[PDB]
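Opening notes on decamethonium bound to Cholinesterase.
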Amino acid sequence: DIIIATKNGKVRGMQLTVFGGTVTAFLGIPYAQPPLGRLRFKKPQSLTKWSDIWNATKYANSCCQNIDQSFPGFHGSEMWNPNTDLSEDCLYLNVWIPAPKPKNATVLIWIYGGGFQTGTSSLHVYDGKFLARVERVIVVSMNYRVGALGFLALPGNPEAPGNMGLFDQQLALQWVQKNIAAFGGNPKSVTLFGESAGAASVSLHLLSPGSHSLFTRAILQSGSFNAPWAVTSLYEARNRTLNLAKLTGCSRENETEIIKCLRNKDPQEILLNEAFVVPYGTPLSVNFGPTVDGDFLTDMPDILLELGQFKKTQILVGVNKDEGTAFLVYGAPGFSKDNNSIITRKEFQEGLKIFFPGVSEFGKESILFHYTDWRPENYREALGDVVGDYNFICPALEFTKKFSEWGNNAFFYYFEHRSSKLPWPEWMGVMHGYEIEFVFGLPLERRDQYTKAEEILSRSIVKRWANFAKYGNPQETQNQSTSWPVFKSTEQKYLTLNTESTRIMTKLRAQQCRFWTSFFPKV
Ligand SMILES: *[C@@H]1O[C@H](CO[C@H]2O[C@@H](C)[C@@H](O)[C@@H](O)[C@@H]2O)[C@@H](O[C@@H]2O[C@H](CO)[C@@H](O)[C@H](O)[C@H]2NC(C)=O)[C@H](O)[C@H]1NC(C)=O
Ligand SMILES: *[C@@H]1O[C@H](CO[C@H]2O[C@@H](C)[C@@H](O)[C@@H](O)[C@@H]2O)[C@@H](O[C@@H]2O[C@H](CO)[C@@H](O)[C@H](O)[C@H]2NC(C)=O)[C@H](O)[C@H]1NC(C)=O
Ligand SMILES: C[N+](C)(C)CCCCCCCCCC[N+](C)(C)C
Ligand SMILES: *[C@@H]1O[C@H](CO)[C@@H](O)[C@H](O)[C@H]1NC(C)=O
Ligand SMILES: *[C@@H]1O[C@H](CO)[C@@H](O)[C@H](O)[C@H]1NC(C)=O
Ligand SMILES: *[C@@H]1O[C@H](CO)[C@@H](O)[C@H](O)[C@H]1NC(C)=O
Ligand SMILES: *[C@@H]1O[C@H](CO)[C@@H](O)[C@H](O)[C@H]1NC(C)=O
Ligand SMILES: [Cl-]
Ligand SMILES: [Cl-]
Ligand SMILES: [Cl-]
C-alpha cells in the first residue's frame, strides 16, 4: 500500500506492472471544487481538506461534451470519444510515478486537445505509465472544462468571465507545484506538453503571467494559439453567448440574469445548442474557445507574441505531414474514408467553401491558383494540404519563428510516419493526432502489434521528449542519431521524424506559408 499525503489530504494509488517493472498510478485526484450549480461558468474554486484517504484508483468522470457520432463502431473516430461517464463533476487529474519512488524527477504535464469542445485525459493513448517506466519521469494529466461550460464569455463578468477551462488547467499546474514533491517530483522541472487545442493551451500558458511560475518549458504538437481556430474575437464571443441564451430561452436584459438562467438549464440543453451559436461552421470550428478576458489573457495574443511578452524558455514545436486529411470526410463532397476520394476540380472548389465559408470569391480562387501548380489524386491531395497548411502547419511555424526571435532555443519537428495500425484509409496519410501514441510510448509494448521499426522510432521520440523536459535539449545522445538543431528565424532548420532516416531540412512549406501568413490575411 503506497499512500501519499497531499496538502489537501491522503490519496490512495495503485501499482501497475510495466515492462518487467512497476509504476505507481494515482487516477482521479480532485484538484478543484466541482463546478456545479452556482459555480457553473465560474473560475475553478480551490478544494478543501478531506480527513480520510481518497482512493485514486480509477479514472474520474470526463467533462460534459458532444460526441463524434459520424462513424459509429469505427475505431478511428471512437478512440477519441470519452471513455468515462460525462459529468460537470470532472475536475480531476492523474499522476504516474516510477517505482521505486524517484528522488527529484522531472514532471511532464499533458494537456489534451479537441478544439476546446471535446477531450479527456483518460484516453488509452494518453496513458503515462510507459513514460514513467522508461524515462523515470513523472506524468501528470488533467481534465478541464470544454465547450460553453468551459469557455462561455461575458467579458469582465465574473459569473462568466471566459477562459474557465484554461483556469482549470492552471489550477492543476498549481496543484503540481504544491504537491508533486510529496510524489518524488521536482516542481522546478515541469514541462507542459499537449496536442491540438492542448498545444494551443500550452502556447497561451506561455503568454499568461499567472502561469509563468508554474512550469519550466513547453512542447507544442500540432497546435498554437495563432491557428485560425484557436482564439475567438470578443465580438464573436458576445454574439455566441447571446445566441445560446436565445436558443435556450435565456435572453434577458441584465447580462447577469442571462448567466443565472443558463445555470438552471440541464447540461445536455447547453450541449445540444452549442453547434448553432454560429451561422455557418467548418469541421474545425471552435464555437467556445479562449478569449481575451483581461485576466488569463491581458491583451490580444498576437500582440504579446509579436512584442516579446511571454515566458522566456525553450520550446519544442512540430506538426504532422497530413494534418488536414482527417477533416475532409466531415463535410467535403466526394470524400469518404471508405474509398480513395478521387475528387474533381469542381469538387475541390466546393471543398473550399466548406472550409472557408466567409471568404470572398477572389480569396478562394487565390487558394485554388496557389495549390494547383502540379495524376488523378491531384485535387484530393491539394485540399488536404490546404486545410493542413492553413489550420496547423503555417501557424505553428509562424509561432516558432516569432518566439525564437526573442533569443530562446526552439526546436521544430516534422512527423511523417503513418502508424502501421492506422484504421483510417491510406490516402489520409500521416494524420492529425497520430503522433501521440508514439510520444506516449505505446509501440514500446510489443504485444500490441506495432512494427519493430515503430518501437525504435517511439523509443527515440520518447528519449528526445524526456531529454527536452529534463535538459531543455531534445537530443538522443547514445545511438548515433541525427543531432536536432535549433530553429532560428533565418535558417529555420527542422528535424523530420520517421523510420528510415532522420534529416535536417530548412523552411518547411516555405511557399505555402508565405501565402497563408502574408497574403491570405489581406483577402
Ligand atoms: C451573430 O448572431 C446572429 C444570430 O444567430 C442566429 O442565427 C443562427 C446562427 C441560429 O443559430 C439562430 O438561432 C441564431 O439566433 C447571426 O445572425 C444571423 O446571421 C445570418 C448570416 O449573417 C443570417 O442568415 C440570419 O438571418 C441572422 N439572424 C438574425 C436574427 O439576424 C449573426 O450572423 C452573428 N454574427 C456573425 C458575425 O456571425
Ligand atoms: C467515395 O465515396 C463518396 C461517399 O459516398 C457515400 O455514399 C454512398 C454512395 C456510399 O457508397 C459511400 O461511398 C458513402 O457513404 C462518394 O460520394 C457520394 O457519391 C454519390 C454518387 O455515387 C453521391 O450521390 C453522394 O452525394 C456523394 N456524397 C458525398 C458526400 O460526396 C464518392 O463518389 C466516392 N468516390 C469514388 C467511388 O471514387
Ligand atoms: C471536429 N469534428 C468533430 C467535426 C471532426 C473531428 C474528426 C477527428 C478525427 C481524429 C482527428 C485527430 C483528433 C486528435 N484529437 C482528438 C486529440 C484532437
Ligand atoms: C478504498 O479502497 C480500499 C481498498 O482496500 C477500501 O478498503 C476502502 O474502503 C476504499 N475507500 C472507500 C471505498 O471510500
Ligand atoms: C530538485 O532539484 C532542484 C534543481 O532543479 C533543487 O533546487 C532541489 O533542491 C531538488 N530537490 C530535492 C533534491 O529534493
Ligand atoms: C443585474 O443583476 C445584478 C444581480 O442582482 C444586480 O447587482 C445588478 O444591479 C443588475 N443590473 C441592473 C439592474 O442594471
Ligand atoms: C539505442 O539502441 C539500443 C540497441 O542498440 C536499444 O536497445 C535502445 O533502446 C536504443 N535507445 C534509444 C534511446 O533509442
Ligand atoms: Cl510533404
Ligand atoms: Cl515487424
Ligand atoms: Cl537517426
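Numbers for residues simply follow the sequence, beginning at 1. We count ligands from 1, going down the list as the structure has it; atoms in each ligand are counted the same way.
For decamethonium, every matching ligand or chain, copies included, can be listed as ligand 3. Using a 4.0 Å cut-off to heavy atoms of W80, the atoms of decamethonium (ligand 3) that qualify are 10 (C), 15 (N), 16 (C), 17 (C). Counting protein heavy atoms only, atom 12 (C) of decamethonium (ligand 3) is closest to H432 O, 3.1 Å. It turns out that no other ligands or ions are under 4.0 Å from decamethonium (ligand 3). Of all atoms in decamethonium (ligand 3), listed by their number and element, those nearer than 4.0 Å to a heavy atom of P283 are 1 (C), 2 (N), 4 (C).
Of the UniProt active-site residues in chain A, the closest to decamethonium (ligand 3) by non-hydrogen distance (1 Å) is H432, 3 Å.
When non-hydrogen atoms are compared, decamethonium (ligand 3) lies under 4.0 Å from the side chain of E195 (C-beta onward) but not from its backbone.
Ranking protein heavy atoms by distance to atom 8 (C) of decamethonium (ligand 3), first place goes to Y330 OH, 4.2 Å. For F71, the closest heavy-atom approach to decamethonium (ligand 3) does not fall below 4.0 Å. Residues of chain A that UniProt annotates as binding tacrine and that have a non-hydrogen atom under 4.0 Å from decamethonium (ligand 3): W80, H432.
Near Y126, meaning under 4.0 Å from one of its heavy atoms, decamethonium (ligand 3) places the atoms 17 (C).
The shell of residues around decamethonium (ligand 3) (heavy atoms under 4.0 Å) is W80, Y126, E195, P283, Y330, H432.
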